[PDB]
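Everything below concerns the one structure shown next.
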Amino acid sequence: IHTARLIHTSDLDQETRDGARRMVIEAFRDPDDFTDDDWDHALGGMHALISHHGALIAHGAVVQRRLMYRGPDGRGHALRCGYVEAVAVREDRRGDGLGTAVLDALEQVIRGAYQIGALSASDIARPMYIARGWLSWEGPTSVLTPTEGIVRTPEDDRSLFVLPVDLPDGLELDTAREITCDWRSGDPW
Amino acid sequence: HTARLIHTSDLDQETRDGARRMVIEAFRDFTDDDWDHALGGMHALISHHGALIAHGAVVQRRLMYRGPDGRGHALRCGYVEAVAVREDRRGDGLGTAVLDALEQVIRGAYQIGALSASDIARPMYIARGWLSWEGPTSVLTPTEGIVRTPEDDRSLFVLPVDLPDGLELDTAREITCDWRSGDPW
Ligand SMILES: CC(C)(COP(=O)(O)OP(=O)(O)OC[C@H]1O[C@@H](n2cnc3c(N)ncnc32)[C@H](O)[C@@H]1OP(=O)(O)O)[C@@H](O)C(=O)NCCC(=O)NCCS
Ligand SMILES: CC(C)(COP(=O)(O)OP(=O)(O)OC[C@H]1O[C@@H](n2cnc3c(N)ncnc32)[C@H](O)[C@@H]1OP(=O)(O)O)[C@@H](O)C(=O)NCCC(=O)NCCS
Ligand SMILES: CN[C@@H]1[C@@H](O)[C@@H](O[C@@H]2[C@@H](O)[C@H](O[C@H]3O[C@H]([C@@H](C)NC)CC[C@H]3N)[C@@H](N)C[C@H]2N)OC[C@]1(C)O
């Protein structure tokens, strides 16, 4: 049985922070890339950590952002989103449920503080999100840019997963419709 | 005089409702959207015997800033919200202890802190290290473009903690926040 500890970015010491960052980059690389924008995107919220003999073996982070969604009534909602980033298990420790343990903890943050969880999954982790009941987003994805308007993001079109936990009053989320993230540098999703 | 720091996700329901009520009572108007804006980040709590007497929150947003090259930056921002102290206990430094714990989150976790405050708190914030934002402000809206936020009596303060790629801020230029319903700032 595995249990990740949850800890805010502000409570991570330099050592653990640099270590987490180096573990996640290693897990994603195979000697597309995990860049410093990808790491920056994982900062600011709650980290889930599992370590062994002082070494991080599993990491995940949930940060706040806004997801824009417009229903068929043409209204418009800016939902408080718990966005999951930098989920990773050290290669040699994979296949034993550490990844499940990270997501268990992050989902606890999502359900307790956000209206919706979302992420853009790597191909190897999609099965994990399906089995946990995340909803694959089927409509076009877009990003709200500063200077153009809402711009389509075709590279992200079949990778988004959502987890509606606390949608306002009577909002029905139609996965067939468009969805739009707020602006950031690097990959918007 | 030391406030404790708890993420929204670990607040039980009584604490949440208590904090919502206490902050409403302090603002004697705090709208329901104003409360939603306080949710999802770290709450600074000071309580006595089960009674919440000071609160504050810092939530994660993005502030857009354009340099002299036109290159744009979407800074990771810790936005201070719903700082309030029980009316009968003001003047004792609780508000300042709440600001202390929240600047700790900002320093540990964000590139920049930001808050909107009246000109009456302007000397304390300047004192505490915060820069007054003299330039224009706006919000990146979903259906229109970047729309100028009209001036009110509150002014915007930023706390440059950890600016990326050695960027230096020119408080005279534009700063625009990300979208949310209710008051964008
Ligand atoms: C994705 C990753 C974190 C998975 O970690 P892991 O510890 O091996 O995962 P777990 O052992 O906890 O597997 C959890 C569940 O995911 C699902 N799963 C993962 N791969 C699966 C597969 N090929 N077939 C079926 N289910 C699969 C399963 O339901 C599994 O439960 P199960 O094995 O009992 O069926 C890991 O491979 C990794 O670090 N990859 C690098 C790429 C990356 O970081 N992606 C981030 C995902 S957004
Ligand atoms: C603003 C507020 C949170 C401060 O709470 P507090 O416990 O009074 O805070 P502190 O004791 O640390 O300081 C109170 C402020 O008033 C000042 N103040 C209060 N009594 C004072 C006195 N007798 N002499 C001088 N200054 C006094 C404090 O020094 C500080 O402002 P200043 O230092 O710039 O003058 C409180 O007034 C409040 O809850 N207001 C209602 C909600 C609100 O307006 N919040 C917005 C915050 S930006
Ligand atoms: C539709 N093609 C996508 C592909 O683009 C790709 O999606 C990536 C997706 O993998 C990527 O996120 C992952 O990878 C990020 C980083 C390591 N770049 C690979 C870190 C966060 C992690 N969730 C997103 N930020 C961008 C998104 N386009 O992988 C899955 C996919 C279904 O094959």
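A, B, C, ... go to the sequence lines in the order they are written. Chain A uses the PDB entry numbers throughout; the residues present, in order, are 15-45, 53-210. Numbers in chain B track the PDB entry; the residues on display, in order, are 16-43, 54-210. Both ligands and their constituent atoms are indexed starting at 1 by order of listing. Method on record in the header is X-ray crystallography, 2.2 Å.
Bound to ligand 3 with the most contacts here is the chain that the PDB entry lists as Aminoglycoside 2'-N-acetyltransferase.
The drug candidate or drug found at ligand 3 is named gentamicin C1. With heavy atoms closer than 4.0 Å, the chains neighbouring gentamicin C1 read A. The binding site of gentamicin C1 (heavy atoms under 4.0 Å) is made of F42(A), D53(A), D54(A), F55(A), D59(A), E106(A), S141(A), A142(A), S143(A), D144(A), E176(A), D177(A), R179(A), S180(A), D208(A), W210(A). At the shortest separation from atom 1 (C) of gentamicin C1 among protein heavy atoms lies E176(A) O, 3.7 Å.
Of the protein's heavy atoms, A142(A) O, 3.8 Å lies nearest to atom 29 (O) of gentamicin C1. In terms of polar-atom proximity, defined here as any N/O pair under 3.5 Å, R179(A) makes no such contact with gentamicin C1. Counting protein heavy atoms only, atom 18 (N) of gentamicin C1 is closest to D54(A) O, 2.9 Å. The nearest heavy-atom contact from the protein to atom 31 (C) of gentamicin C1 is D144(A) OD1, 3.6 Å. Heavy-atom proximity to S143(A), at under 4.0 Å, picks out these atoms of gentamicin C1: 10 (O). Of all CoA-binding residues UniProt records in chain A, not one places a non-hydrogen atom under 4.0 Å from gentamicin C1. Considering both main-chain and side-chain atoms, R147(A) never comes within under 3.5 Å of gentamicin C1 through any nitrogen or oxygen pair. Protein heavy atoms are absent from the space less than 4.0 angstrom from atom 6 (C) of gentamicin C1. Distance from atom 16 (C) of gentamicin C1 to its nearest protein heavy atom, with residue and atom name: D59(A) OD2, 3.0 Å.
UniProt's substrate-binding annotation for chain A and the heavy-atom shell under 4.0 Å around gentamicin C1 share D54(A), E106(A), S141(A), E176(A), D177(A). Looking only at protein heavy atoms, the nearest one to atom 17 (C) of gentamicin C1 is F55(A) CD1, 3.1 Å.
Atom 21 (C) of gentamicin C1 has its closest protein heavy atom at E106(A) OE1, 3.5 Å. Residue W210(A) approaches gentamicin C1 through these ligand atoms, each under 4.0 Å from one of its heavy atoms: 24 (C), 25 (N), 26 (C). Those atoms of gentamicin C1 that come under 4.0 Å of a heavy atom in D177(A), given as number and element, are 26 (C), 27 (C), 28 (N). The PDB header gives the source organism of chain A as Mycolicibacterium smegmatis (strain ATCC 700084 / mc(2)155). Protein heavy atom nearest atom 22 (C) of gentamicin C1, with residue, atom name and distance: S141(A) O, 3.8 Å. Within less than 4.0 Å of gentamicin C1, the structure shows other ligands or ions, namely ligand 1 (coenzyme A). The largest share of chain A residues contacting gentamicin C1 lies in UniProt domain N-acetyltransferase.
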Table of N or O contacts for gentamicin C1, cutoff 3.5 Å:
residue: gentamicin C1; atom: 5 (O); partner: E176(A); partner atom: O; Å: 3.2
residue: gentamicin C1; atom: 12 (O); partner: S141(A); partner atom: O; Å: 3.2
residue: gentamicin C1; atom: 18 (N); partner: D54(A); partner atom: O; Å: 2.9
residue: gentamicin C1; atom: 18 (N); partner: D59(A); partner atom: OD2; Å: 3.4
residue: gentamicin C1; atom: 23 (N); partner: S141(A); partner atom: O; Å: 2.8
residue: gentamicin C1; atom: 25 (N); partner: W210(A); partner atom: O; Å: 2.6
residue: gentamicin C1; atom: 28 (N); partner: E176(A); partner atom: O; Å: 3.4
residue: gentamicin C1; atom: 28 (N); partner: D177(A); partner atom: OD1; Å: 2.7
residue: gentamicin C1; atom: 33 (O); partner: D144(A); partner atom: OD1; Å: 3.1
residue: gentamicin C1; atom: 33 (O); partner: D144(A); partner atom: OD2; Å: 3.1

